[PDB]
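Lettering of chains follows the sequences in order, A, B, ..., and the numbering in each one begins at 1. FYI, side chains are in, hydrogens and waters are out, and symmetry mates aren't considered; it's all heavy atoms of this structure. Order of listing sets the numbers, starting from 1, for every ligand and every atom in it.
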Amino acid sequence: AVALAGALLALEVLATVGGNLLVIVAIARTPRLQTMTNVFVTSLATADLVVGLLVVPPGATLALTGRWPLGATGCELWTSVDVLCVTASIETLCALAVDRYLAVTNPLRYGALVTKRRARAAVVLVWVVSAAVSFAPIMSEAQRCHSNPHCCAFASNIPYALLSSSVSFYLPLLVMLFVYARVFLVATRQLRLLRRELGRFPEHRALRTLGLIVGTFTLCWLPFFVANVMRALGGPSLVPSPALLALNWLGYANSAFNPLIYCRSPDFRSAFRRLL
Amino acid sequence: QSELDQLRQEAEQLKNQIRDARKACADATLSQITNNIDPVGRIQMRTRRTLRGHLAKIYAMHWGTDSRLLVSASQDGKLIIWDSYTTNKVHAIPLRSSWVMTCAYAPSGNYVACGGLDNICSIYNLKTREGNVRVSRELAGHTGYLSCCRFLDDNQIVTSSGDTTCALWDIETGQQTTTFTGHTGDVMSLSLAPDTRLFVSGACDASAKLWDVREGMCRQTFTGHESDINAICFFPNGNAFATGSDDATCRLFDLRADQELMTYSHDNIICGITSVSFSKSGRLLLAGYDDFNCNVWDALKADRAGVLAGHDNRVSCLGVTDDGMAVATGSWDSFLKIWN
Amino acid sequence: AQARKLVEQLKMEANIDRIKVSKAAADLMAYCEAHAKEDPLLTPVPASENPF
Amino acid sequence: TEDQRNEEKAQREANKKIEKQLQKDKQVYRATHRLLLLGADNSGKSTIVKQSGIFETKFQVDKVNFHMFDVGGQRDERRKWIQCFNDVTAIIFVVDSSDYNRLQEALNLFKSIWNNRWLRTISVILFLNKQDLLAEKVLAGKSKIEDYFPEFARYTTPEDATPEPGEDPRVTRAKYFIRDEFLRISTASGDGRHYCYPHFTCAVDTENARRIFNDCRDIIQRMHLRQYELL
Amino acid sequence: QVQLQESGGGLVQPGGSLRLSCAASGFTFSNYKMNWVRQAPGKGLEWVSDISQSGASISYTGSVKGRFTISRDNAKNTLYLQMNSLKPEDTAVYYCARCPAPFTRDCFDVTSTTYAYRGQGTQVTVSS
Ligand SMILES: CC(C)NC[C@H](O)c1ccc(O)c(O)c1
């Protein structure tokens, strides 16, 4: 089906750009929301907005019609920006997870530990490493699309594919799992203590929130990255390019779904009500 | 025993006589006389400036007489002077005690006073020969938290402290020239007349008093509220004043008529007023509230006309410039808005 | 003595002359209407003269 | 207009240096925690302080600077100057558990502090400062708590209670009765935003600072958990 | 002006009963939470009982629990305290203090030595 796919394309792109622009404007034009974690939220919103603006339309067009509508330079630039703005989003998600882990497990010293300058330096370093890993091919189905038959595939060497996958997904995933397991243990301990204390005289929210976050981030990106790793170890026989493109569209759907999870808190809701 | 009862009975009879004399001259209500004037409309003020340099809740501010420079005190131990035109900050004076409850800017612009829970009114000299801001005096005659201070001259500040007394100070010597007593409860605010020969003071006993600076005696007493009086201000002509209390109502008292003219209140507001101020012409009475936003009342029809907003916490301090150009609103969110 | 102080203060407060509330109202109207032409908050001024 | 331009240039340079100073002041100020310490005349709060209108004190534990203070310069009326403490980390409420005649006043004060519009978010660290005197009074037995609390005659020691091995069960019952009175006053209205942390304290206890450290850590941790929609 | 007038009794025998009335004027009774305090001869001011705005949250002090009953009549703007089985320790001066701020669940700083919103009080004396 192609007719439904185009409507899905348009709705997803509109949702991505609208949500990320709304989040960015809400953070920028509200002194209350300028929190140390909200600079990470702003970086995430910027990455997702650039994804939905520059990567999703050309990628979905290539997926729907098996012909690249641009040149070799356009394909190279699109691939570079795709890798950049996909690595940045996951790395800043890991940064958000680390920030809340510090805020929860070190609350007394968190005020003097995480400063605005340190947070902005961390965001800049995240973007720098994302650009460094994205622009490696710039300095540099076997060797077919590299001949520019008007196809923009992901025919990358095994070392680069494995390293890019590990930096973009695997290490952020491991760090997020560790910090979220620790934060979940702390939250359940506090919830059980509160249940004991408040019941002397006549639900699980942390589970729901952490499960939602980790589940969406995993179910939307793990398929593509495991498929890419398996293709790198093997070849076109294991995983087809349409399957890879579908899983990439799923990852772009994750980039679309991000701003409605890290921005559901009541202050964000009030800012959205005033904005909308 | 019997003498005290007789004195109480005589006082009650005299109070009844005062009430009868007051009600005899109450010809018609200003709500009735104002039936021939037109409404003011709908004032739509917008946040012209946003000043953000304070760490903790802003508890007081004061405009300069040049209508450009203002001073603001915050409970983080900071007293910042802002240029309201360019948003810049000229001085940032670190106070000895963090808990400051009031601040004042001298009419000549030379000195700046502050004071809070430390019982002392500190005075800082701005235009020093060395170019620095240093403590010139420390008035330590009050026994109770210092709630307000206003400059009458460069050497004759007047102070209100939460121990049922107000003191007229002499900065050169550093001692109380005159002490005003008579308030039943903690006194919250004071306001000076344009001629500065006499002032009014509102306290936490639902009463306000008119103090003659030279005589140092209680001249007149107004009792129309039902709870603690949090704010007081003068009408620009100086023959009337407005009080804002914690029972979610403002009232207008006249020194001559000895009556309450307007009761600015609404059924939907159950939040106490924290600060009141008048406009230059005396037509708009602005009043902060506990409901996190300010209100603007027409000072002749009591009808609300225009509402300020955009403050994350309660509005604590409110001041209109000497030229009536802008109004500065502080709040417990550490941000100071400037509307016009 | 405290009762004597209270009663004498009330007596001093009970000797001033009270004018009509209507007269005070008329004076208030006079002042507001006379000075209403120089109120930037009441009547908005053009942005040319606006400092903010 | 050169003089004017020089004026704005100097003003902007002064603003920049003042802004640097204010950034330094922010980094200093946000790293310390303020605590409103209050009680009664017979509470003995001054004994807990192990260092005009405010008797200030700084102490430091585990490189964390706590900024505690007593208020004794003002009068008994405290409904106006207490709002100024609506942003403190915790409110340290000290009370003696030995003078039953002055325990209902403490209960009323705790209830009023709890159900206040501006202190509704601030959690309370409760200190019972005269445990040894209470134990001696109960052992003497001349004074009966039921004369001031008729519900004490049907009170049973909670199962969760952890008495120190070697003390009178009557003393344990009295201690946990007072603690449970305070705790029911607390939990009667506290909707999960602020909490009460009672402790049993003598006049010679040398571990009264780690208790405040742990309580403040728990308070701010729960604050963060609630902020992240994660409680 | 806010005023609170108390009317009780004089000398009563031990084990007797007495009804204290408190007439409040100058404010909207229904919006304020009323309290009953007492000052014993040679003793400070202490709190006895309190009633909410409507009368759904009644509370008493322990020593007066089970003997005194507090009830407000908002239509007539008044407060009542019925006292039964009086003990010799019950002799005092009873002040009908009202509350500083309306629409607040906690009433704060009522037993102060100097309090504005408090009546002149009535003496209740019990002896033989
Ligand atoms: C369709 C292709 C160009 N998209 C690549 C994918 O978004 C990706 C992102 C980050 C990576 O590290 C990676 O190997 C691959």
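The drug observed at ligand 1 carries the PDB name isoprenaline. Most heavy-atom contacts to isoprenaline: the chain the PDB entry names Beta-3 adrenergic receptor. Every other chain with a heavy atom under 4.0 Å from isoprenaline is listed here: A. Residues contacting isoprenaline within 4.0 Å (heavy-atom distance) are A:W78, A:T79, A:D82, A:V86, A:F154, A:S164, A:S165, A:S168, A:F224, A:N228, A:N248, A:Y252. Near isoprenaline, meaning a heavy atom under 4.0 Å away, lie these transmembrane segments of chain A in UniProt's N-to-C numbering: 3, 5, 6, 7.
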